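Note: structure shows famotidine engaged with Carbonic anhydrase 2.
Along the sequence shown, residues carry numbers from 1. Note: hydrogens, waters and symmetry copies are ignored here, and every other heavy atom, side chains too, is used. Order of listing sets the numbers, starting from 1, for every ligand and every atom in it.
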Amino acid sequence: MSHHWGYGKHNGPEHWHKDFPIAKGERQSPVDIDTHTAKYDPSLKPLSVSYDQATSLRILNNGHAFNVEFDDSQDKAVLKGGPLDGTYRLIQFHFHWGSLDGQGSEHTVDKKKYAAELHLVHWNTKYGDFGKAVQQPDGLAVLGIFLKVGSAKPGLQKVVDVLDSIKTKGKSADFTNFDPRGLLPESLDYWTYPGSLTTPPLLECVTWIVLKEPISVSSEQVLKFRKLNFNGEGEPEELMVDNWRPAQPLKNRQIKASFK
Ligand SMILES: NC(N)=NC1=[SH]CC(CSCC/C(N)=N/S(N)(=O)=O)=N1
Ligand SMILES: [Zn+2]
């Protein structure tokens with residue numbers, strides 16, 4: 001029980017396959033996005049991001065990241081279009097980030113690593129609930145957005161300022177009326193490919209949609225991410241940093257671009 005997966009030397013990504021053999025599967029994520037090789041697919045549609053009726057509820061430190069959770073019991077905040085067939089409901093978002101500004105993203109672009117990566121996780125409403133959706137090859141759609149360090153992202157600050165209250169694993173806080181539209185870049189140009197969850201159980205249920213344009217966050221904003229703890233309250237401090245899985249083999253997949 002006590003030797004659980006994580007991001008350390010003894011329980012990190014190179015160990016995950018022992019408990020989760022799908023870690024060596026045929027459609028694992030993340031991947032490197034080779035820009036010159038990705039092919040423009042003129043049949044891909046614009047993404048439809050409809051977040052105006054989003055109902056955020058709570059923010060949780062789960063010991064690996066923090067999740068901002070949404071009410072997904074109705075079609076409030078939904079992702080449609082692009083490569084997707086049907087309607088995908090937003091359930092949560094979270095980030096992956098580094099100990100230094102030169103690492104932290106899960107996807108890479110021509111081997112470049114960004115400081116962090118935002119994942120907005122959505123599930124296909126034809127499967128009725130999230131737990132059923134993760135058992136399907138087209139069950140989830142994760143919208144990935146890169147973060148670089150530069151100017152502050154004003155729409156991120158409300159997240160940053162609540163992190164002191166969920167420092168340690170298992171802590172949560174009310175987090176209502178947060179508008180995830182404030183985390184998007186200007187352009188919705190994207191790459192897409194079939195992949196997996198990037199944490200155990202690593203299920204091969206995700207249509208990945210990775211935006212081309214990064215958002216900028218300030219050094220102070222990402223420094224606050226790095227003050228979070230992997231540990232629970234009253235345990236030795238382990239800073240929550242480098243909670244990213246490295247790029248996995250592309251195998252028999254093609255990455256498609258929505259743009260020329
Ligand atoms: N609840 C339920 N029935 N199953 C599962 S499997 C993983 C999980 C937690 S959310 C799925 C993990 C995730 N979003 N990975 S990522 N980094 O976005 O690719 N719940
Ligand atoms: Zn993620």
### Message
Quick one: which ligands or chains go with famotidine?
### Response
ligand 1
### Message
For atom 12 (C) of famotidine, which of the options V142, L197, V206 provides the nearest non-hydrogen atom?
### Response
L197
### Nearby ligands and ions, under 4.0 Å from famotidine
ligand 2 (zinc ion)
### Message
Would you mind pulling out the UniProt substrate-binding residues of chain A that have any heavy atom less than 4.0 Å from famotidine?
### Response
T198, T199
### Task
Report the UniProt domain in chain A where most residues contacting famotidine lie.
Alpha-carbonic anhydrase
### Query
Mind checking whether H96 has a heavy atom under 4.0 Å from famotidine?
yes
### Task
Number the atoms of famotidine from 1 as they appear, then name those within less than 4.0 Å of a heavy atom of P201, with their elements.
6 (S), 7 (C)
### Message
Could you work out, for atom 17 (N) of famotidine, the closest of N62, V121, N243, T198 by heavy-atom distance?
### Response
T198
### Query
If you restrict chain A to its UniProt Zn(2+)-binding residues, which of them have any heavy atom nearer than 4.0 Å to famotidine?
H94, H96, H119
### Task
Report the part of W208 (side chain from C-beta onward, or backbone N, CA, C, O) that has a heavy atom under 4.0 Å from famotidine; answer both or neither where that applies.
side chain
### Binding-site residues: famotidine, 4.0 Å heavy-atom cut-off
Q92, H94, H96, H119, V121, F130, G131, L197, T198, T199, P201, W208
